[PDB]
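To keep things clear, I will list the structure first and then write my remarks on it.
We number chain A the same way the PDB entry does; the residues here are 27-91, 101-263, 268-288, 292-365, in that order. Whatever order the structure lists ligands and atoms in, that order sets their numbers, starting from 1.
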Amino acid sequence: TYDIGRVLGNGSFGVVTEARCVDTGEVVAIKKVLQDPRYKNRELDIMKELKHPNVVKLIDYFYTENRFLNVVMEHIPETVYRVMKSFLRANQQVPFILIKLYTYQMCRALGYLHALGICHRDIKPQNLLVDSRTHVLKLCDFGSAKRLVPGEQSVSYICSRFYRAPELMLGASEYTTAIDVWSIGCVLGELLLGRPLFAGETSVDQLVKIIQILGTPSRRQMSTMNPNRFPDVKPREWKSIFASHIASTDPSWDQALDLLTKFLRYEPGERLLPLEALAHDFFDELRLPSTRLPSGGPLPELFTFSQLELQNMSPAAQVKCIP
Ligand SMILES: O=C1NC(=O)C(c2cnc3ccccn23)=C1c1cn2c3c(cc(F)cc13)CN(C(=O)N1CCCCC1)CC2
Ligand SMILES: [Mg+2]
Ligand SMILES: [Mg+2]
Ligand SMILES: [Mg+2]
């Protein structure tokens, strides 16, 4: 059924190879992982549930040989990571339309996941597939994802370090899908800046870099992150962090930095929820009928909200997001 070739090379468990479905001629990605004798594979189980324009499609799966599970998923040629490095090498800002398009599609995917009670727990530019020609974006790498409900205890040391919520580094074991929302803010920040917003050398240093920009959380704020004292540090205004990028650039910066602030709240419950975030005016340009990609092509799918998405959006956000 498959012609398997070329390992694509993930930085997590399993091997992912490019392959061709000989039934369809379509290039696919196949993730091979060790399958447990007794337990279901949680990644596959989650993949079987997800049907969303901004989540990699589950195409097939089969068992090989313990044994191996092979998860056949749709193939997308690039990642937000790779797009960003281009612009970094060209010493160029990512165009605001692309930042808007990627942030919107990442919020939709994660909104859907959270509607199913699923926490992705590894949101990062490497895990966000993109096809440059259409600027579609799809979430992938569900190897760390978990069906999470509040009151559940889980591993603390869980995201990739730059995108890791502050409650996780403060040893919270009962966290929420809000940790994915902090990662969204970090990706937005990285799109605006060109380089990771908070780039710690260790997980503790990650927290310190966060505190150095946002400032010291109050003791009240500390208990929203872990109910179980930091030095006082002058925080930095966002207009200070992004000053070089602002100089070299609509009220897009006011809108982006408002959105940035609401994703990156210390208090996990105060972070702006992904589907509500879609109604932010930062995305108004995506809802204009005349808007096209910088190359002139049409926008990708943006307004095809599923029943489950709409049932998790305030009525105010529903009327705003459907044009
Ligand atoms: O097409 C796909 N369908 C999937 O499900 C899927 C997939 C499954 N697991 C992961 C983990 C991370 C990223 C993507 N995936 C891919 C998939 C698509 N590329 C992949 C690359 C490596 C890889 F290992 C898997 C894939 C290379 N690449 C990329 O930009 N990189 C590689 C990782 C660090 C730098 C960013 C361009 C396309
Ligand atoms: Mg099981
Ligand atoms: Mg099969
Ligand atoms: Mg939501």
- Look at ligand 1 and say which of LY2090314, GDC-9545, VT-1161, MK-1775, PD0348292 is there. LY2090314
- Task: Tell me which chain touches LY2090314 (ligand 1) most, using the name in the PDB entry.
- Result: Putative cell-cycle-associated protein kinase GSK
- Item | Atom indices of LY2090314 (ligand 1), in the order listed, that fall short of 4.0 Å to a heavy atom of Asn162 | 11 (C), 12 (C)
- Please could you name the atoms of LY2090314 (ligand 1) that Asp176 approaches to less than 4.0 Å, counting only its heavy atoms? 11 (C)
- Record the part of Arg117 in heavy-atom contact with LY2090314 (ligand 1) below 4.0 Å; permitted values are side chain, backbone, both and neither. side chain
- Numbering the atoms of LY2090314 (ligand 1) from 1, which are under 4.0 Å from a heavy atom of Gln161? 12 (C), 13 (C), 34 (C)
- Query: What else, ligand or ion, lies under 4.0 Å from LY2090314 (ligand 1)?
  - Reply: none
- Query: The entry lists a source organism for chain A; which one?
  - Reply: Toxoplasma gondii RH
- Measure the distance from atom 33 (C) of LY2090314 (ligand 1) to every protein heavy atom, then report the residue, atom name and distance (to 0.1 Å) of the closest one. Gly35 O, 4.2 Å
- Message: Closer than 4.0 Å to some heavy atom of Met108 - which atoms of LY2090314 (ligand 1) meet that?
- Response: 5 (O)
- Item | Any N/O pair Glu113/LY2090314 (ligand 1) closer than 3.5 Å | no
- Atoms in LY2090314 (ligand 1) with a heavy atom of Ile111 nearer than 4.0 Å: 1 (O), 2 (C), 18 (C), 19 (N), 38 (C)
- Any idea which atoms of LY2090314 (ligand 1) are less than 4.0 Å away from a heavy-atom of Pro112? 37 (C), 38 (C)
- Nearest heavy atom to atom 8 (C) of LY2090314 (ligand 1) wins, so pick from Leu34, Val81, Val42, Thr43. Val42
- Message: Give the atom numbers and elements of LY2090314 (ligand 1) that come within less than 4.0 Å of a heavy atom of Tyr116.
- Response: 35 (C), 36 (C)
- Query: Which one of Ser38, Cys175, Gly178 has a non-hydrogen atom at the shortest distance from atom 7 (C) of LY2090314 (ligand 1)?
  - Reply: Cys175
- Task: Check each atom of LY2090314 (ligand 1) against the heavy atoms of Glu109 and keep those under 4.0 Å away; list them by number with element.
- Result: 1 (O), 2 (C), 3 (N), 4 (C)
- Taking non-hydrogen atoms only, is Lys57 closer than 4.0 angstrom to LY2090314 (ligand 1) via side chain, backbone, both or neither? neither
- Query: Within 4.0 Å of LY2090314 (ligand 1), heavy atoms only, which residues of other chains turn up?
  - Reply: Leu34, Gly35, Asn36, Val42, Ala55, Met108, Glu109, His110, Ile111, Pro112, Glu113, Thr114, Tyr116, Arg117, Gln161, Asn162, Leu164, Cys175, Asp176
